[PDB]
Novice: 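This file holds Purine nucleoside phosphorylase with quinine bound.
Per chain, numbering begins at 1; letters A, B, ... match sequence-line order. Recorded method for this deposit: X-ray crystallography, 1.7 Å. Both backbone and side-chain heavy atoms feed into the values below; hydrogens, waters and symmetry mates do not. Ligands are counted one by one from 1 in listed order, and the atoms in each one are counted from 1 as well.
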Number of protein chains: 6
Amino acid sequence: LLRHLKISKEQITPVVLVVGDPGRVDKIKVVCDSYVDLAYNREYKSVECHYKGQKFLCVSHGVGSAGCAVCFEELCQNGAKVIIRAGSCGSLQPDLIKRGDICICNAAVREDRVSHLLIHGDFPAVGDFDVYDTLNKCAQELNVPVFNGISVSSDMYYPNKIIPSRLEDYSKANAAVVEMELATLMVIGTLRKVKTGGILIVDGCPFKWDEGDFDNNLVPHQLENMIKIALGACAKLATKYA
Amino acid sequence: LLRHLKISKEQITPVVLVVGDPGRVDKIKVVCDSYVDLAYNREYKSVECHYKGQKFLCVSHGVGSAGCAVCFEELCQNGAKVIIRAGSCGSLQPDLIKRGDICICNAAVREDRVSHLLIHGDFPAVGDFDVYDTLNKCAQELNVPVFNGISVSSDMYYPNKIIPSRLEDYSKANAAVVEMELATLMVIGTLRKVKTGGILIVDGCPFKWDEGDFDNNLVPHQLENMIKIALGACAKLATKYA
Amino acid sequence: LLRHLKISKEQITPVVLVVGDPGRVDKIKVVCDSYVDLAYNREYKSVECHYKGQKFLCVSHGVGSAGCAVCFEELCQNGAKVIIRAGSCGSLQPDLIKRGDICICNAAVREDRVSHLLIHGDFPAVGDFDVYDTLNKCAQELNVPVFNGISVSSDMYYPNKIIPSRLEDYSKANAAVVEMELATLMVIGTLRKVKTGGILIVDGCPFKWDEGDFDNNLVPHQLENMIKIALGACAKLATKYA
Amino acid sequence: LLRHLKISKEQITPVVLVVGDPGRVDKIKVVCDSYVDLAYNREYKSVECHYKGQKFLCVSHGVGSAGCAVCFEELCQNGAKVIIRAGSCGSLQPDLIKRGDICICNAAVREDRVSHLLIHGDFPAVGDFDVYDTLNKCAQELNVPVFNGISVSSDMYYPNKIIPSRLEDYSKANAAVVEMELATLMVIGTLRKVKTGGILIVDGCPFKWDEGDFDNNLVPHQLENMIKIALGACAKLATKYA
Amino acid sequence: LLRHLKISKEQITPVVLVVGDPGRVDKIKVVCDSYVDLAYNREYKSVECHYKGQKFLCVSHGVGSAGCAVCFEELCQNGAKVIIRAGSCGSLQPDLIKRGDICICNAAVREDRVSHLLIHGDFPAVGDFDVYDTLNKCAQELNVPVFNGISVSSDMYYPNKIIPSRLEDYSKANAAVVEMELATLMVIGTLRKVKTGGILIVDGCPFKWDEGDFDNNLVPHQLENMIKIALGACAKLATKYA
Amino acid sequence: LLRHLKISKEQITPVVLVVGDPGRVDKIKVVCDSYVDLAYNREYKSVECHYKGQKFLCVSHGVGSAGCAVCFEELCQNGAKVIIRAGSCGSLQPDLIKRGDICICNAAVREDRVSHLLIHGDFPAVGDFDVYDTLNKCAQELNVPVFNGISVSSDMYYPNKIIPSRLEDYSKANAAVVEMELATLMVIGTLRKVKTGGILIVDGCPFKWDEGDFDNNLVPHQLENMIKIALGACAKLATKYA
Ligand SMILES: C=C[C@H]1CN2CC[C@H]1C[C@H]2[C@H](O)c1ccnc2ccc(OC)cc12
Ligand SMILES: C=C[C@H]1CN2CC[C@H]1C[C@H]2[C@H](O)c1ccnc2ccc(OC)cc12
Ligand SMILES: C=C[C@H]1CN2CC[C@H]1C[C@H]2[C@H](O)c1ccnc2ccc(OC)cc12
Ligand SMILES: C=C[C@H]1CN2CC[C@H]1C[C@H]2[C@H](O)c1ccnc2ccc(OC)cc12
Ligand SMILES: C=C[C@H]1CN2CC[C@H]1C[C@H]2[C@H](O)c1ccnc2ccc(OC)cc12
Ligand SMILES: C=C[C@H]1CN2CC[C@H]1C[C@H]2[C@H](O)c1ccnc2ccc(OC)cc12
């Protein structure tokens with residue numbers, strides 16, 4: 001079995017959907033055509049999903065870059081060819097990107113440490129074009145409007161008052177949203193020859209937390225739509241390996 | 001309630017025992033005199049422990065620095081005065097520190113990113129003396145031999161072959177062991193005026209993974225002893241606030 | 001007029017093709033349907049191209065990031081909406097990417113300085129999806145095989161023997177090719193809300209310069225094909241603004 | 001003889017008290033039971049102290065990290081097992097830590113360069129627990145109140161107005177005091193398997209130098225008390241090797 | 001021939017005058033006693049100048065550090081012993097250094113990337129004394145007042161509003177002027193055992209661009225004087241090798 | 001009085017000769033025409049020298065950058081206009097620069113920390129031309145051969161085996177010699193509008209310490225010659241202010 005995911009090597013499928021919360025895996029599996037529970041160790045919950053005639057895993061990665069890298073590395077080392085992250089994020093453009101909007105991301109800010117322990121900082125955190133295109137084409141089929149943009153993947157959720165957060169700089173640089181894992185996924189994927197992407201639902205705006213605008217309200221219909229897009233994309237991408 | 005731990009603010013006790021695996025919380029609570037299950041959200045499982053006449057929380061932090069910082073910040077922001085981490089680690093001194101040995105750590109290598117987003121790199125990751133002394137005195141009472149030393153807290157579990165891992169440098173520098181969260185705990189604690197410490201059980205040696213010497217075997221009697229020391233210390237420290 | 005390009009502000013078109021060598025501008029204009037010479041100052045030669053019913057500039061940027069940034073900034077500040085770089089590059093994968101092969105790049109290594117004087121290093125150098133897709137679809141129409149991949153954009157052409165070149169690290173990281181300007185273009189474009197891309201012809205392999213495998217032979221038919229793809233893409237993208 | 005200290009190798013004792021000013025060595029020796037003058041070269045004055053039945057050296061290190069490292073390295077290379085620094089420092093918490101207060105430090109900010117030329121910045125500057133405990137227990141025996149905390153060891157005494165001093169950041173981070181050598185001592189000690197500590201007398205507050213609150217007044221009774229604590233600790237620690 | 005300069009190796013003279021603009025080479029050659037056009041490739045224009053009985057090349061380097069390094073390396077690799085840059089620059093001391101003033105520079109700020117890819121940042125960008133002395137003595141002979149000082153060689157011409165430009169810091173540090181290539185020249189020269197210098201004409205002040213005080217007016221008589229000084233110096237230095 | 005030098009402000013002369021060892025001040029004063037002892041505090045010994053009709057101070061700075069900066073700042077803040085350092089150094093070119101050779105330095109490697117706490121790393125550590133010229137012209141008058149070159153000013157005297165020393169890199173970069181203070185002097189001088197220089201006697205070669213080639217033998221006649229050159233230069237420079 002995989003060292004920490006505890007799934008057997010034979011159970012790794014070419015396409016894998018990753019999400020942060022183990023609870024979310026259980027909410028996703030029930031919208032599929034069927035599923036098989038595989039393993040649950042620590043924050044890493046794994047389920048084989050069957051959807052639109054195809055088979056792909058759904059696996060939880062936990063909160064944050066160092067914990068997710070364990071997950072991503074084990075998947076890449078054991079046969080995953082495509083990894084899509086579906087997650088939540090905060091808006092960095094509060095005039096234009098609002099609660100419940102959906103972002104399909106192509107690139108990310110490497111505000112982690114593990115990516116830098118693997119490759120020099122100059123190297124880009126970028127997703128695969130094809131995966132990105134597939135996500136966007138599924139959103140278009142379902143008539144679900146989306147945003148595209150760069151995510152800031154930051155290891156600091158709660159800022160302090162000594163070293164300024166770089167969020168406002170990145171907003172000024174036209175980064176769309178903020179989350180905690182996509183850059184890490186993208187860099188590990190490039191290093192390991194695994195295609196990656198990301199789709200995110202907006203939940204709040206960090207620049208408006210002092211007015212209670214937190215990440216505490218996933219708009220249920222929007223969340224459903226994102227999950228449909230994510231599952232759709234997985235199934236289409238899975239067709240090529242099947 | 002706490003934003004992500006989902007425990008009420010009134011339920012935060014002055015002493016908190018933190019561990020990585022939510023499963024471990026359930027294995028610890030049953031050795032206490034009694035417990036009350038509080039919350040379980042994502043990888044964060046919280047239980048109020050009653051032991052030796054005192055009351056303290058036990059909370060899981062997940063794998064890795066960015067995820068644990070969410071936990072630690074919420075505890076520090078909402079009344080925790082003392083936080084002890086009990087965890088596993090890898091030996092960096094394989095001639096002297098073997099499987100199942102126990103290390104009580106006073107300081108850590110800041111091979112994360114969140115600590116650096118809070119305070120300049122020059123700042124030390126150090127535990128509180130008193131907590132460290134309390135842990136050591138509990139180990140002495142129970143006649144459990146221990147090691148003391150510095151932990152390397154690294155965000156990279158799986159190294160690649162491009163950028164060398166710094167583990168061998170840190171071994172040469174006399175770091176004892178390697179894990180993934182203690183530096184983060186220590187720096188947040190200093191910033192927030194919360195006393196911190198760490199006790200760790202050795203599980204393998206990264207320098208001998210090519211010969212199967214992994215972190216996959218917690219020596220059961222040694223693990224029990226460490227948990228007894230950790231609970232003992234918590235109860236003693238809790239007496240001062242009670 | 002533009003401060004250093006010396007073209008009038010009214011002459012900036014929404015799509016601009018950029019190339020390094022002022023000589024190349026003169027070789028490109030003659031394959032268009034017609035052209036108007038605009039300005040030539042320093043290494044910056046500007047010509048208005050007419051191709052497939054559309055109008056776009058072709059402008060030389062010179063060798064290297066700091067010099068090209070002057071060009072790119074003036075174009076972005078004065079109305080350019082899309083900038084495609086067509087250039088030469090060296091292979092970083094000599095088993096697979098050979099002389100005369102064509103690469104359509106989506107992202108780049110920021111081994112410059114100007115990008116870092118504009119935005120933190122963690123920020124990705126990424127092209128626009130749409131531009132990348134347009135280039136690839138033009139190559140497919142013309143039946144011209146291409147490679148896709150990340151470019152290392154390095155400010156050092158001639159390495160010395162004291163500080164190792166990072167080319168081999170980036171090859172190991174799966175970077176495809178090496179050139180000198182694309183990262184700079186990409187970052188300025190993101191900062192300025194200008195869509196960017198890159199198409200490159202392989203000319204040699206730096207890892208085989210000790211055996212004379214230099215950047216001194218642009219395969220003439222391959223160069224023609226790349227230029228056709230680049231012009232094709234420009235014309236298609238120009239249609240949206242016209 | 002030692003290369004720069006000029007003391008013979010046979011004269012190095014297991015415990016060594018270090019101080020900045022060669023003049024201070026002469027003021028310390030006369031409070032001991034007896035002494036033997038050993039060497040005086042450059043700013044490095046060495047005297048063998050006899051106190052409470054034990055024998056330990058007292059050696060001056062000069063002002064600043066690079067000069068003190070020469071001293072510390074020679075002592076560590078030639079048999080020193082324990083090194084305590086006794087020095088002066090500035091308050092970083094002027095509401096709570098006043099002129100003449102005494103701080104027993106456990107850790108330090110590495111705002112030097114030599115420590116970084118020996119080991120990566122992430123590594124902590126931490127003292128030995130036992131030494132720290134011994135100092136604190138001697139202060140308690142003598143009924144001398146003390147502070148405990150982190151020292152900022154900075155190579156810049158006189159700030160200029162271009163690059164902000166980091167003192168206010170470190171004050172906000174709960175650093176207690178500022179001096180110039182302790183981090184250097186601590187890191188060399190960890191690297192060389194030598195136990196280290198630090199005791200410091202407060203002399204001024206850098207944040208109030210514009211109002212004349214300089215380091216120009218060592219409160220004589222407080223200085224005596226600190227020196228008594230330092231000598232006491234040395235003698236107790238020396239007992240273990242004797 | 002030289003790889004990118006396209007001049008033959010036999011045509012490299014011991015002294016070389018370098019300038020940014022290929023147009024400037026043509027304006028310089030006509031003030032010499034005679035000249036021979038050698039090559040023009042990309043932005044690199046080369047002419048053999050005959051002046052005061054001596055022979056030296058004049059070669060254009062283009063805008064910016066990465067492009068100029070190609071030029072400088074090829075000259076240093078193929079026999080150049082002395083390289084003087086004559087260029088334009090911006091004032092960083094607008095009270096004292098005005099439009100058209102002439103600066104003979106001895107050292108430079110390394111705000112590039114190629115110098116850092118060749119040697120650690122701590123290493124100084126410094127010119128040769130002798131070259132500097134020769135320039136100053138030629139200015140004195142011709143009765144042309146000059147300034148001496150440090151140049152900031154920055155790869156960013158157009159600053160943005162996210163990361164502050166360091167120009168004001170360097171002004172406060174007593175840097176005289178700003179340009180884009182001298183540091184690069186100086187470091188390559190030291191690495192290659194080639195003597196270097198720099199003479200610059202002031203054209204504007206970046207701190208007053210918001211009031212139109214741009215680099216768009218080379219005072220014609222002052223420019224003539226600088227070029228006379230530069231040619232004078234070249235001829236004197238050339239005498240030693242002839 | 002000066003805060004730490006303890007000399008009165010009225011006693012600061014426009015030219016100051018600085019040396020590391022307080023003992024050396026006493027050996028220099030006796031070769032002057034006469035002297036007046038001024039102050040001796042810590043490692044800082046100050047004497048007013050009278051030589052060739054002029055008056056200048058000689059002041060000891062101690063070992064290392066952070067300690068010397070206190071000295072240099074106080075001199076620059078209180079009227080010093082010219083500061084020459086005379087010191088010892090190690091050869092980085094053992095084939096060409098031998099024991100007892102004399103180097104007159106124009107620039108330095110900033111391998112300290114205080115310079116970086118005052119100004120960005122890109123800024124050069126360079127001496128004043130005039131001072132350098134004066135030193136060289138005094139050596140020529142006295143028929144004393146000298147070397148000129150860049151000094152590596154490093155805060156680490158005793159390297160360890162974890163992080164490689166940069167000495168060999170700097171040797172390859174054509175640095176001549178190694179010492180511990182000149183860069184610091186040069187940067188403080190530029191910041192404070194004080195002219196600086198450096199003259200150094202070679203004592204050993206760090207690359208040959210494993211064969212006993214230490215800094216433990218100042219060739220007495222060569223040392224005399226250097227001191228004569230240094231005093232000569234001071235007197236000439238002092239004439240301009242007198
Ligand atoms: C327990 C942690 C959770 C908190 N937020 C939702 C999912 C988990 C990670 C995080 C997310 O990255 C995110 C969403 C929305 N707004 C955010 C704002 C800031 C941010 O900083 C890293 C992360 C945000
Ligand atoms: C799913 C992750 C787990 C893997 N190891 C056990 C607990 C979790 C974190 C990690 C631990 O830090 C650790 C223990 C033992 N040897 C290790 C060796 C290397 C190491 O690198 C960060 C971490 C080690
Ligand atoms: C005068 C400079 C030219 C030299 N090469 C061709 C175009 C200009 C820039 C460079 C190009 O980036 C490139 C092409 C092919 N192989 C290369 C290998 C190394 C490289 O390093 C920056 C650049 C390469
Ligand atoms: C000649 C130098 C002396 C000056 N101060 C007293 C002892 C020597 C070092 C320094 C000390 O670290 C110190 C004490 C008190 N207040 C300080 C404030 C600032 C500081 O910055 C490094 C050092 C301070
Ligand atoms: C096309 C580029 C040109 C623009 N300026 C004149 C010559 C070329 C380079 C630059 C010069 O370095 C310079 C001169 C005057 N003022 C300047 C102000 C700022 C500056 O920033 C690098 C460069 C300046
Ligand atoms: C107590 C310290 C002394 C030791 N050496 C002589 C004077 C003082 C400083 C040092 C000098 O910088 C120096 C001279 C000769 N060879 C050296 C080799 C290495 C070096 O590293 C900083 C310094 C050297």
Novice: I'd like to know the other chains touching quinine (ligand 3) at heavy-atom distances under 4.0 Å, if you can.
Specialist: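 Other chains, by heavy atom: C, E.
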Novice: List the source organism for chain C per the PDB.
Specialist: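 Per the PDB, the source organism is Plasmodium falciparum.
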Novice: Is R42(E) in polar range of quinine (ligand 3), meaning some N or O pair under 3.5 Å apart?
Specialist: no
Novice: At what distance is the nearest protein heavy atom to atom 23 (C) of quinine (ligand 3), and which residue and atom is it?
Specialist: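 Heavy-atom neighbour on the protein nearest atom 23 (C) of quinine (ligand 3): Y157(C) CD1, 3.6 Å.
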Novice: Could you tell me, atom by atom, which parts of quinine (ligand 3) come under 4.0 Å of a heavy atom of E179(C)?
Specialist: 12 (O), 22 (C)
Novice: How close does the nearest protein non-hydrogen atom get to atom 19 (C) of quinine (ligand 3), and which residue and atom is it?
Specialist: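 Among all protein heavy atoms, the one nearest atom 19 (C) of quinine (ligand 3) is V178(C) CG1, 3.7 Å.
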Novice: Hey, is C205(C) touching quinine (ligand 3) through its side chain, its backbone, both or neither, going by heavy atoms under 4.0 Å?
Specialist: neither
Novice: List the UniProt active-site residue of chain C that sits nearest quinine (ligand 3), with the heavy-atom separation to 1 Å.
Specialist: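 Heavy-atom nearest UniProt active-site residue: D203(C), 4 Å.
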Novice: OK, so UniProt lists some purine D-ribonucleoside-binding residues in chain C. Which of them have a heavy atom under 4.0 Å from quinine (ligand 3)?
Specialist: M180(C)
Novice: Among all protein heavy atoms, pick out the one at the shortest distance from atom 9 (C) of quinine (ligand 3); state its residue, atom name and that distance to 0.1 Å.
Specialist: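 Going by distance alone, atom 9 (C) of quinine (ligand 3) is nearest to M180(C) SD, 3.6 Å.
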Novice: Heavy atom of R3(E) under 4.0 Å from quinine (ligand 3)?
Specialist: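 Flag not set, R3(E) not near quinine (ligand 3).
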Novice: Can you tell me which residue and heavy atom of the protein come closest to atom 11 (C) of quinine (ligand 3), and the distance to 0.1 Å?
Specialist: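 Protein heavy atom at minimum distance: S88(C) O, 4.1 Å.
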Novice: Under 4.0 Å, heavy-atom basis, I'd like to know which part of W209(C) is in contact with quinine (ligand 3): side chain, backbone, both or neither.
Specialist: side chain
Novice: Could you check whether any other ligands or ions come closer than 4.0 Å to quinine (ligand 3)?
Specialist: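 Near quinine (ligand 3): nothing else.
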Novice: What part of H4(E), side chain from CB on, backbone N/CA/C/O, both or neither, has a heavy atom under 4.0 Å from quinine (ligand 3)?
Specialist: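 The answer is the side chain of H4(E).
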Novice: Quick check, please: with a 4.0 Å heavy-atom cut-off, which UniProt phosphate-binding residues in chain C are near quinine (ligand 3)?
Specialist: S88(C)
Novice: Provide, to 0.1 Å, the distance between atom 5 (N) of quinine (ligand 3) and the closest protein heavy atom, together with that atom's residue and name.
Specialist: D215(C) OD2, 2.7 Å
Novice: Does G20(C) come within less than 4.0 angstrom of quinine (ligand 3), counting non-hydrogen atoms of the residue?
Specialist: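 It does not, in that no heavy atom of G20(C) comes within the 4.0 Å cut-off of quinine (ligand 3).
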Novice: Working on a figure here: which residues of other chains come under 4.0 Å of quinine (ligand 3) (heavy-atom distance)?
Specialist: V63(C), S88(C), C89(C), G90(C), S154(C), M156(C), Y157(C), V178(C), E179(C), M180(C), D203(C), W209(C), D215(C), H4(E), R42(E)
